[PDB]
*Asks:* 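Starting off with a structure, shown below.
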Amino acid sequence: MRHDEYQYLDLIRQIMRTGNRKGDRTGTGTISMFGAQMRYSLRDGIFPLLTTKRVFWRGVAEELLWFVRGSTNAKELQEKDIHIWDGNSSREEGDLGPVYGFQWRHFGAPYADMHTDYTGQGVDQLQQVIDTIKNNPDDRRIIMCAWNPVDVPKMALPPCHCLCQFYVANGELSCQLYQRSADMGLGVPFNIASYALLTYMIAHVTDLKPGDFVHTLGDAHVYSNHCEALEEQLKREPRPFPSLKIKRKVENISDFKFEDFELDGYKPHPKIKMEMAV
Amino acid sequence: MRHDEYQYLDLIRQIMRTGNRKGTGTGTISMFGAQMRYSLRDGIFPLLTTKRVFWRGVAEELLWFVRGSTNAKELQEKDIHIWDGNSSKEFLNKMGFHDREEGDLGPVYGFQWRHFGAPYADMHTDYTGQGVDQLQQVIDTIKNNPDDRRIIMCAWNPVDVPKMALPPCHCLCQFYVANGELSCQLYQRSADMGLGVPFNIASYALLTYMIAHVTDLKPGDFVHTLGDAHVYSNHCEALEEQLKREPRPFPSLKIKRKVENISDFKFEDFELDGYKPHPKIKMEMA
Ligand SMILES: Cc1nc(=O)c2cc(CN(C)c3ccc(C(=O)N[C@@H](CCC(=O)O)C(=O)O)s3)ccc2[nH]1
Ligand SMILES: Cc1nc(=O)c2cc(CN(C)c3ccc(C(=O)N[C@@H](CCC(=O)O)C(=O)O)s3)ccc2[nH]1
Ligand SMILES: O=c1ccn([C@H]2C[C@H](O)[C@@H](COP(=O)(O)O)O2)c(=O)[nH]1
Ligand SMILES: O=c1ccn([C@H]2C[C@H](O)[C@@H](COP(=O)(O)O)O2)c(=O)[nH]1
């Protein structure tokens, strides 16, 4: 019965107390461990939006709807006051290259720019996953992969979220994410919520109930200048997770809109300032 | 410090007790999401001891991957038959590969590791200079930028899976350097706990030993992450017998000479000392 958020807190504590101090691409220096795994229940409307520091729910949901549209145009997020892709995007202003939206919907197609019509090009992995869940739920290849060795050099930033896999049992849809690089302080809470939300959406349109989100980490790290803030965060007790309901019968994965999500009872501790490494 | 092999034994035990019973025609008992960690340090090599594992098959299959080969006949010539089932002309014709010759597994590991993105023709084609040589890329990044968080080799290729005799169970692996030590994490989407997993552990441990050697590092950990981790129902009696066996200290592995490039290893370069396993247990492949 231990709150699932303690998996996240325990890993931060372990990284700071036992991790490897190294340099890194950004020049900030990090403290890191290699290889971790967390499991978050998604059952009975439970939505694992972390509570010991406020997470950017609106950014999570808008970014994911943008992925689902297949968009690689950061201007569509900026227009919605979502600036999480700003650092890496000024090729035309806003064109992120063949990032998630494109890999999920067009893996293997040649990329031109964010305005190109890629209909019928590449593998639409997202629809492939939905079809397999509906038609052959015991399949062990229900995978969506964003790590494309051909395209990584054209991407504004190599994907941290290399691939995810789905699994069906007990009337439940589960999802596992392989995240190669995990900034425990800033990105990880958002990343948990992203793939928990994707699982809620796919479960909804496949007539399944959400089960578990399994979060596997490669290089799991704390930036050296985050330790003071995270030591303060570790003093905070998690609060019960919010609940998530989808307010209408959405027929297909592409039909979701932001207002379809009813997030109830989110009561996080206040935000903590933490500068993002560049 | 408990023997690392107990992670495998404990997971088999857990799956058989609480795993999900689901539906080939053989039943599976499965869990989703698991992770084991095997130390590779101080010459220790995690070749499981509660059932004799096919070490020579592990090493020859891995050398075959590294050559970029997708031709199962090259394994057969060395009396390694682990891919025979998936490459008979009859199997391939059954899968719809009517123009494919016996032995041709399609664009599987050797090809994805050395030529990701190239068009696949057949197993005899000269692919030199085509596609992404991910294996050499990893070696170069380890040498030149060891703190890089993108040291990845990916065999999961959505474009090519329809041409493969079997989609890769070993989707991708990632490397990590700290304190002079090279670690490796494998994401395995599908794990036959009884038959494939022991062999798969030894494969990626050996790969880590080889890459560490040619990058002048020491092996650290092998982290084995599983997606659908399952026990086939007709393995349960055999695995119940294995669970009563106590692990013995793992063997040691040394590389007998200085090998400069990953492509230069031969089986005789490996010295596996002290492997004293319990006997094989028959488990029929689904
Ligand atoms: C070093 C680094 N760490 C990261 O975690 C990271 C994450 C993203 C993308 N991403 C997945 C993000 C999620 C949340 C973000 C953010 O800036 N949130 C702040 C402020 C909230 C807001 O932007 O309004 C926060 O909530 O802490 S950015 C891009 C570059 C990165 N760079
Ligand atoms: C259902 C299935 N499970 C697997 O684990 C599997 C593994 C491979 C390839 N592979 C990675 C293998 C490793 C070991 C193997 C095997 O057949 N083992 C023998 C014992 C070793 C020997 O051949 O001497 C066995 O127990 O039958 S096969 C191919 C198809 C598969 N199919
Ligand atoms: O969704 C995201 C995007 C990025 N990062 C973090 C991980 C690293 O700290 C940095 C990306 O840098 P590289 O791993 O690519 O160097 O941002 C995340 O945690 N989650
Ligand atoms: O090296 C390998 C190759 C295959 N498998 C097992 C996993 C599954 O039981 C089966 C592959 O079947 P699918 O998951 O593709 O259905 O073989 C392994 O465990 N290891």
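Chains are named by letter, beginning with A, in the same order as the sequence lines. Following the PDB entry, chain A shows residues 1-90, 102-289, kept in their order. What you see of chain B is 1-23, 26-288, where the numbers are those given in the PDB entry. Counting starts at 1 for both ligands and their atoms, in listed order. Structure determined by X-ray crystallography, 1.6 Å.
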*Asks:* Can you remind me what the drug at ligand 2 is called?
*Replies:* raltitrexed
*Asks:* Give the name, as used in the PDB entry, of the chain with the most heavy-atom contacts to raltitrexed (ligand 2).
*Replies:* Thymidylate synthase
*Asks:* Please list, by chain letter, the other chains with any heavy atom under 4.0 Å from raltitrexed (ligand 2).
*Replies:* B
*Asks:* Identify the binding-site residues of raltitrexed (ligand 2) at 4.0 Å, heavy atoms only.
*Replies:* B:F56, B:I84, B:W85, B:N88, B:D194, B:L197, B:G198, B:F201, B:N202, B:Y234, B:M287, B:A288
*Asks:* Looking only at protein heavy atoms, which one is nearest to atom 6 (C) of raltitrexed (ligand 2), and how far off is it?
*Replies:* B:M287 CE, 3.8 Å
*Asks:* To the nearest 0.1 Å, how far is atom 10 (N) of raltitrexed (ligand 2) from its closest protein heavy atom, and which atom is that?
*Replies:* B:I84 CB, 4.2 Å
*Asks:* Can you report which non-hydrogen protein atom sits closest to atom 21 (C) of raltitrexed (ligand 2), along with the distance?
*Replies:* B:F56 CB, 3.9 Å
*Asks:* To check your reading of the model: name the closest protein heavy atom to atom 27 (O) of raltitrexed (ligand 2), its residue, and the distance in Å.
*Replies:* B:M285 O, 4.1 Å
*Asks:* Using a plain distance cutoff, I'd like to know if B:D194 has any nitrogen or oxygen under 3.5 Å from a nitrogen or oxygen of raltitrexed (ligand 2).
*Replies:* yes
*Asks:* Relative to the heavy atoms of B:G198, which atoms of raltitrexed (ligand 2) are at a distance of less than 4.0 Å?
*Replies:* 5 (O)
*Asks:* For atom 29 (C) of raltitrexed (ligand 2), what is the nearest protein heavy atom, given as residue, atom name and distance?
*Replies:* B:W85 CZ3, 3.8 Å
*Asks:* Nearest protein heavy atom to atom 25 (C) of raltitrexed (ligand 2), by residue and atom, and its distance?
*Replies:* B:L197 CD1, 3.7 Å
*Asks:* Any protein heavy atom sitting closer than 4.0 Å to atom 4 (C) of raltitrexed (ligand 2)?
*Replies:* yes
